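Caption: PDB structure containing afegostat.
Chain naming is simple here: A for the first sequence line, B for the second, and so on down. Chain A residue numbers are taken from the PDB entry; in order, the displayed residues are 13-254, 261-282, 285-314, 324-836. Residues 13-254, 261-282, 285-314, 324-836, in that order, are what chain B shows, numbered as in the PDB entry. Computed from heavy atoms alone, side chains included, the values below leave out hydrogens, waters and symmetry copies. Both counts, for ligands and for their atoms, begin at 1 and track the order of listing.
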2 protein chains.
Amino acid sequence: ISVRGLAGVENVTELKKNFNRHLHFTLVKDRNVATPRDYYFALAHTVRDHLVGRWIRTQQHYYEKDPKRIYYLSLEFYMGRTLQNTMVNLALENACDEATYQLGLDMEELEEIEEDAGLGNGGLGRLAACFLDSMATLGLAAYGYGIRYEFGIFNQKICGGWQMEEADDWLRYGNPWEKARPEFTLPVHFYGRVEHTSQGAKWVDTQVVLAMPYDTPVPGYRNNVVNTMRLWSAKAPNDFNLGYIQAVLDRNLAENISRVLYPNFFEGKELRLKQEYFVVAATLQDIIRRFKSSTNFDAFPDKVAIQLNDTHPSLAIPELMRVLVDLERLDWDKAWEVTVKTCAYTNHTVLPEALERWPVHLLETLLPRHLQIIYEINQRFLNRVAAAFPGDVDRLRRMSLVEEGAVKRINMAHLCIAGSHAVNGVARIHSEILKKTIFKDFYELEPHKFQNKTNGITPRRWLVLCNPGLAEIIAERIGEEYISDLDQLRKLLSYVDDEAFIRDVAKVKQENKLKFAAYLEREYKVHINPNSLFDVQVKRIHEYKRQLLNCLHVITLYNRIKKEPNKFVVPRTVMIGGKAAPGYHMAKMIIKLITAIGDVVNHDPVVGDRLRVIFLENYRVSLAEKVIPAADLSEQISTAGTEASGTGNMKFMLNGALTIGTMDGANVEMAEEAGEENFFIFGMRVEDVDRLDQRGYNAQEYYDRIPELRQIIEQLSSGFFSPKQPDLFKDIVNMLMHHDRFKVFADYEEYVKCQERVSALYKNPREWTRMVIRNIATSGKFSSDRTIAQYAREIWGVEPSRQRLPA
Amino acid sequence: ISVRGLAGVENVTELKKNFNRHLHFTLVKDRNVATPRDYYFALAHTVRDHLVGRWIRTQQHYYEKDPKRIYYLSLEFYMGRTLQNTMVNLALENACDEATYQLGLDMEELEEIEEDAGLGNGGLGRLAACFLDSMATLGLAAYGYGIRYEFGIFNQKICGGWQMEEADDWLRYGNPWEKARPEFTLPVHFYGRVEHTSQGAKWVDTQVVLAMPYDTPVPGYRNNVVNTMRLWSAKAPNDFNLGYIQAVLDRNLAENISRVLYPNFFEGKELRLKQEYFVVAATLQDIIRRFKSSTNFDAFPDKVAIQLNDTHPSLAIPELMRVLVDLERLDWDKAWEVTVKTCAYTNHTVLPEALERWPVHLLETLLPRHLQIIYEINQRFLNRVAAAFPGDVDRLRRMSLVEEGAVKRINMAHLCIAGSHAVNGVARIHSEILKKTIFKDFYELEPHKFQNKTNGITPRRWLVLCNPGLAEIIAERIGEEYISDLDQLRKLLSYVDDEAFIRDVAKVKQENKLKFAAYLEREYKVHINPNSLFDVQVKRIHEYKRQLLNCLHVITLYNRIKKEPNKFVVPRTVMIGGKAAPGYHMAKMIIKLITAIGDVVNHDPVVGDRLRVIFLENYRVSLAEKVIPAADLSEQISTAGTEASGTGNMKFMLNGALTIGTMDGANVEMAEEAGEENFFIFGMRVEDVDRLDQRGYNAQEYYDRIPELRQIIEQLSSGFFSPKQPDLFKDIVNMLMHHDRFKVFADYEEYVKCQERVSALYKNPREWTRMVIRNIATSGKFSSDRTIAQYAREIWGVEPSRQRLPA
Ligand SMILES: OC[C@H]1CNC[C@@H](O)[C@@H]1O
Ligand SMILES: OC[C@H]1CNC[C@@H](O)[C@@H]1O
């Protein structure tokens, strides 16, 4: 039927009978009482059965071959739905489609019933998810380790234009993909004290929390490789607190560790630290167990790589030291050599308020042995700084893992650099910034540590799965090899003047837009013109992402329409979506502003259907898979030097949207690949930002010289968008005028003018589409298969493989 | 192979391949890594598959036939293990035995891995479990409704002779028998306030807790009937408490409702009341839902029977009134007529401190509408008392549902009597006591309400399952019909002089004793002589059960041995087991005393192996199934008038033990059935107890006149059994001498002398066994099939059926 595999008579028949088996025996239902949910679950279990044989054989294969194992430690895995992805990677999609059709069911309908696994906040968690997909596809013996949160990222409800948070009870109906492994429960220790004795230190009088693993299969693309994601759940020991009733009820305290994912500004809360240690301690025991079945720890770095995703699992470094020194009785220097060689660290931001700095008094109480080890690491590290740069006393204080001040803190990023053989940023510009500024001192001491690994996205989920129409028209011309080798899309360059292809690309986009326009009316009763330019900015709500700069453009368009109503303008649907962190007042104000503009714009009779402002509620992976293929314009407009990479940008590029963006994060490499003529770049570069900070940013200057901007500010201040509460947006205006760290006004003019260029191109469908083809054609670099191949070869010391395991 | 069904070639082959299917696909295991637990789970799932077809067909059958539905409401269901019971009732035991043997596995070994479902304390909960079995066996459309406690009755550990409690984390490895039904979640309301309006009262500003059902199958004996036990689990709503993190963590508060089973003295704790209302509110919604699919509530009592097991679900009465009056808008008198006709109440004790009396101020806050309804019930009920007995002012205060005093209380038993068309005791003597004393006033007002339903036990679990050896030798002579018609055991009377049978009965007992003797050494490293008389008292530790009277006999034997060491005595193993409630100090002291006697007796060289005292740790259903078939002597020695029925007594009778007991509870009917000559009855009758209370019980009198008793007390006081802590047992001595409500000393002489009679009979194996045959032969009355047949006909108005549903 498509790129979605074969629907063989033997297979369809077999799928139908296993479906019916599961509905009967597994769900305990008859057809007369079954709901669409029961049908979803029956399909899920049928597809799951096809995984297990390969899953068992994969893990047996690693035991025999004993390859180097890669452990990817993250506190976030933003997986989304699993059903379709599993079908795609197993080549079962057409077969299941046929089998369900023959049972009289719509598969697409059943797919919508699946809950997102939302065990992440955004980019970091989605990166981990793409990475797992790519690692299985490239045949690496890799394991994702994290926490099985019982509540993922909150569901966002918009009420009166305000964000409301709702617990994401994703496990309510059960999770068919996971397998509880209560038999492999491990203990994790907290609190206690350190005893020194005849042969070394001993950590005693600890409280024990049990870590229970749950295993989820991670299938590679059509290679019969199925890797494991292991997520730990907190359980109280059976003698815990052991009137009687309270002791039993107080078990909840220990089990709170895995209850909820922390939303995205660093807050030093005890439960977060407990989560961080919990994942690290249980994971390392598992790592070591598996190594001992392979004791000379000299070979440890030959058999084990540990990748620290951000500083969240940074306690892996002193935990590994603790185990090697205190328990295995290795000498400090050998243990340290092993530790540095096995660990690598990925930095994910340059925003200072995101840097993890734990108060010493917290670590003192919770992890007293780990504090001692950290002090010792610091001492020996600073002795090395001192010898390399004698007399440089300020370097010593800058490089210290211990920050003095009001409260003493441990800098977890400094810990990670010292205890890892590799440190990488997530895009070229970001990795350069790391070496030039934030970690300049560390780079000078150990230049060899510092690398770049530009982020990527998986072409399975982010093309084949969410945009089958585009996947198919591409397959027609160049075949199917590109799915696991996205560089082949370059071959599409020879079709940029092909009138048939141009027509098809544009047709697929139109179908996508019509499909999404329908979804909006069906699920949210909101009306949109599907012939308008779909202008979309979807990502977390943050001041650095400048949803506010978008808001200023939108208002400019509205004000230009009201000034010259009978003048022609390219019609646009501007869609903005994303969650604000619960405590982030300003982000919550931006959402209210967006809806408030919509309230005015969407009901102005003069505007007509020429301009529409829609806030996309409850943005998440499943919604991303719907809007991204429908987008014409991708808004990637962070202040230059603030967005480490971005990954949403790459998803839009692959799906036929043109990009308006600053020279920030991966936008730089994206524009470099496609050619700048095929991108809408505007605004300050990093160097212009630095220049502005030196002179001093004065927002008033822009307000004074730009009349169109002045009008918008006065509209906001006077209550134009808030008639009942005239001063509603005083906080926003005040920040823009006096306290704007992200220089919204400084890029306003170039942004508005660049937007005019976008609109002019959209008037010429043929030339828009040819530029689109030029973007899709050069998106190959941004496959996570490329990213992971680079980690494997340049960091982990292993060779990827496209070789299939026997079915 | 036995009474355990056919092992057909077709069936064995099919069981083996489904076993392997489940191990592979369901457990995700290979044979090389599988533990015995995995094998247990693979067998459990294979057997479970055979239930579901019949389960679905049973429930479909009830929907079509629309019979009267029986709802059995209990806060306790003491189910034990399910695997063997399911095999037995499905006739799959020999087939699975063969199939597992051929896979190279020992089924008995796998059976021991299953955790007890310990969702009850003792007799009340086990009664509910036997009742469910019998109701399915008799083809009644019956449902067990309760709470899915995540922690059942605590595991008892004995440490230094002291009881320690350990959380019973029974769900740790999962429960293959249950099916979550998240789709049938119902809301339950707490707190709030009552508004009065134009058309009646309205309960508003409530907090909502969700009730999520879990369904467990209940198979009848070989009739293809599979009924449902539905257990509610508490879930927080998704907007609950909705900084953000705390709101999510505080969800635990609502979910604490179903966290833990309260152990067995009435404590008026809020969480217990919440549990009581939670089960009642969710259950009644389900009851009504199912009735509306059958609105004229006149027919409600024709289609619905609700059995209140004790006063724990007594809130069903005002809850049903609330729904009918406030929501369905029926007039008070019609609603009340419906309520009385649908509800029936079973009383389970005469001990005053066990009676549930809830403080008004608690109900005021938690259930304000229900309080109003209760006051109205009381008012109308007392108007009826006043008219029937004019001027009798003390009757009015005695009969009131509202008790005045320090705190105002609601008497839940008075509520149950007023709102039910039937009230029953659980044995003839108990039901007579109810009418003569505790509820005399109520019986005088409404004599027709009061009935008796003598308890019973299921012959499936308590003969076939736990004593296959005895089941088989019985089947040889009289066939298999007795399993579902236990009255047929009378036919064994014609074998009392049969030398072959006598030999077989005695052989089975010896095998049972040797089997248990081995278990003791294997699992607890304790040594016993299997040729000794197995003297066993197993049940909850309470002063009324008089484990202390047993302790006095044991010490008497020891002291008689030490006085005349070279004199011959019948060797005995005295085994005592049972849990003490966590707050019950005296019960905890009795356990310590038992172990303390063992400490002295078991290591006295002079005693030899003539006397042994063993405390049976962690008594529960699975342990009951092991010790009961091994017992020679059943100790049923409560003070006359305190044990409402007992059910352990009946289990021992069925399994070839002789009974030493008082004329209490069901002992009276047991001795009546077998003939008193075939029982060892001793001690005061109820009337002798009354006589002693009138004169005043003086323990000193017995101490003064009985030298052997004086010696024991002085041994206890001086520290004979506690050399390090001489005064350890001062509390026990003091209670016996001055504060003994249960007249231990008053029965001492007759008990010791009666025990001598037991020992004399044990010296004559042939005559012991002939008396044993006489007991087994007349145990038929005590089948729960008989009990349930009586409820069905005399209370619920339905006819039992032995007719098989199609396979
Ligand atoms: O590296 C993944 C993401 C982490 N947060 C900042 C983003 O720029 C980045 O793409
Ligand atoms: O009715 C079941 C049991 C309840 N508790 C007291 C016992 O005598 C009785 O058998």
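Counting heavy-atom pairs under 4.5 Å, the chain with the largest count for afegostat (ligand 1) is, by its name in the PDB entry, Glycogen phosphorylase, muscle form.
Other chains with a heavy-atom distance under 4.0 Å to afegostat (ligand 1) are given as A. Neighbouring residues of afegostat (ligand 1) under 4.0 Å (non-hydrogen atoms) are A:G135, A:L136, A:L139, A:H377, A:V455, A:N484, A:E672, A:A673, A:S674, A:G675. Atoms of afegostat (ligand 1) found under 4.0 Å from any heavy atom of A:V455 (numbered from 1 in listed order, with element): 1 (O). Regarding atom 10 (O) of afegostat (ligand 1), its nearest protein heavy-atom neighbour is A:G675 N, 2.8 Å. Taking a cut-off of under 4.0 Å to the non-hydrogen atoms of A:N484, the atoms of afegostat (ligand 1) that pass are 1 (O), 2 (C), 10 (O).
Closer than 4.0 Å to afegostat (ligand 1), one finds no other ligands or ions.
In terms of protein heavy-atom proximity, atom 8 (O) of afegostat (ligand 1) is closest to A:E672 OE2, 2.7 Å. Near A:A673, meaning under 4.0 Å from any of its heavy atoms, are these atoms of afegostat (ligand 1): 8 (O). Summary of contacts: the protein heavy atom closest to atom 5 (N) of afegostat (ligand 1) is A:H377 O, 3.8 Å. Afegostat (ligand 1) has no nitrogen or oxygen under 3.5 angstrom from a nitrogen or oxygen of A:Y573.
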